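Structure, as structure tokens:
The sequence lines are taken in order and lettered A, B, and onward as chains. Residue numbering in chain A adheres to the PDB entry, whereby the residues present occupy positions 1-8 in order. Residue numbering for chain B follows the PDB entry, covering 670-843, 851-918 in order. Note that ligands are numbered from 1 as they come in the structure, with each ligand's atoms numbered from 1 the same way. Looking at the header, which is where the method is noted, we find X-ray crystallography, 1.8 Å. For the numbers below, each heavy atom of this structure counts, side chains included, while hydrogens, waters and symmetry mates do not.
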Amino acid sequence: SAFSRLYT
Amino acid sequence: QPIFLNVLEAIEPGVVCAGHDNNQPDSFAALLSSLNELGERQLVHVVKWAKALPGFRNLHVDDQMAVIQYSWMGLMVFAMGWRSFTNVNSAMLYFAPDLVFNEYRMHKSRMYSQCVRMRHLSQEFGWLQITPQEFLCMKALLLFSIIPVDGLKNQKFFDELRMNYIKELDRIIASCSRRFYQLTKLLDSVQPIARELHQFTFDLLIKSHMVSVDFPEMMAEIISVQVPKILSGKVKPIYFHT
Ligand SMILES: C[C@]12CCC(=O)C[C@@H]1CC[C@@H]1[C@@H]2CC[C@]2(C)[C@@H](O)CC[C@@H]12
């Protein structure tokens, strides 16, 4: 996910 | 005064603009595309803010990510309601300095009832005389106010965290605890708004190509993957009041 990439 | 409040004050995000073109006519497509962009931009801020909260690193990593992806609508709605209250005394919805909704825009966005719901919330900050410190504590608690019915990966760390943020709201309050009834009631009032907006954005995403409404990357993914878990009933808000 683009979210998980942003987060981690 | 608490280390807790110090931290909430220090990490509170600053101004975010939508990038809206205020020269073009209000139109469903232009207004909703700028709301979607604003959401994306705000989501970057909400992540950095959340990672910096007291105890937040306690959570499993997947639980950190889950809780943000479920709770961002409530959070952003609550903060926008506060912006509106403080900048325009609830007279209009202050989504961003370059995207302030008047009645006309409320109507053009095809979200009028929901806007009225949000302007109502906003008026509550006035009618209840909520303080900045009550505001920050309450907003921090909204991060911990929606979870899967089957629980999180490490549910015990989440429970402990939520328990402590309740205690903190209680501490900055402390006949008086009628305030607690009201603040908890106000917190609950965010959820039905967020649900209506979750349904709205979901339908809009599905029909987005036909109405030329632009969704950014992470908004599309989140609204297609996480938001349907809420709408399907797999993930539900925690209400104070039944
Ligand atoms: C969170 C946002 C954007 C940030 C904010 O200040 C509140 C606002 C509330 C309505 C949301 C909007 C993001 C884009 C959405 C989800 C649109 O698709 C429909 C409702 C919009």
Could you tell me the main partner of ligand 1 here, using whatever name the PDB entry has for it?
Androgen receptor
*Which drug or candidate compound lies at ligand 1?*
dihydrotestosterone
Other chains, non-hydrogen atoms under 4.0 Å from dihydrotestosterone (ligand 1): B
Taking atom 10 (C) of dihydrotestosterone (ligand 1) as the reference point, the nearest protein heavy atom with its distance
B:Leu873 CD1, 4.2 Å
Relative to dihydrotestosterone (ligand 1), is B:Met742 under 4.0 angstrom through side chain, backbone, both or neither, heavy atoms considered? side chain
- Minimum-distance protein heavy atom relative to atom 4 (C) of dihydrotestosterone (ligand 1): B:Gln711 NE2, 3.2 Å
message = Judged on heavy-atom distance to atom 14 (C) of dihydrotestosterone (ligand 1), which of B:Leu700, B:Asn705, B:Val685 sits nearest?
response = B:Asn705
Note the single closest protein heavy atom to atom 12 (C) of dihydrotestosterone (ligand 1), along with its residue, its atom name and the distance in Å.
B:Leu704 O, 4.0 Å
Within the protein, is there a heavy atom lying under 4.0 Å from atom 2 (C) of dihydrotestosterone (ligand 1)? no
inquiry  = How far is atom 9 (C) of dihydrotestosterone (ligand 1) from the closest protein heavy atom, and which atom is that?
reply    = B:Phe764 CE2, 3.9 Å
Ligand-residue contact atoms, dihydrotestosterone (ligand 1) with B:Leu701, heavy atoms, under 4.0 Å: 17 (C), 19 (C)
| field | Where dihydrotestosterone (ligand 1) meets B:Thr877 - atom numbers and elements under 4.0 angstrom, heavy-atom basis | value | 16 (C), 17 (C), 18 (O), 19 (C)
Notebook entry, point to check: Any idea which atoms of dihydrotestosterone (ligand 1) are less than 4.0 Å away from a heavy-atom of B:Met749?
Noted result: 6 (O)
task = Look up the UniProt domain of chain B holding most residues in contact with dihydrotestosterone (ligand 1).
result = NR LBD
Using a heavy-atom cut-off of 4.0 Å, which residues UniProt lists as binding 17beta-hydroxy-5alpha-androstan-3-one in chain B are that close to dihydrotestosterone (ligand 1)?
B:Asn705, B:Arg752, B:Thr877
Of the backbone atoms (N, CA, C, O) and the side-chain heavy atoms from C-beta on, which set of B:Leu881 has a member under 4.0 Å from an atom of dihydrotestosterone (ligand 1): side chain, backbone, both, or neither? neither
- According to the PDB, which organism is the source of chain B? Homo sapiens
Within-shell test, B:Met780 vs dihydrotestosterone (ligand 1), heavy atom, strictly < 4.0 Å:
yes
Q. Hey, does B:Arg752 sit under 4.0 Å from dihydrotestosterone (ligand 1) if you only count heavy atoms?
A. yes
Using a non-hydrogen cut-off of 4.0 Å, what is the binding site of dihydrotestosterone (ligand 1)? B:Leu701, B:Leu704, B:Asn705, B:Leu707, B:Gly708, B:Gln711, B:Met742, B:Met745, B:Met749, B:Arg752, B:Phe764, B:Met780, B:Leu873, B:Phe876, B:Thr877
List of N/O pairs, dihydrotestosterone (ligand 1) versus protein, all under 3.5 Å?
residue	atom	partner	partner atom	Å
dihydrotestosterone (ligand 1)	6 (O)	B:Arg752	NH2	2.9
dihydrotestosterone (ligand 1)	18 (O)	B:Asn705	OD1	2.7
dihydrotestosterone (ligand 1)	18 (O)	B:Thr877	OG1	2.8

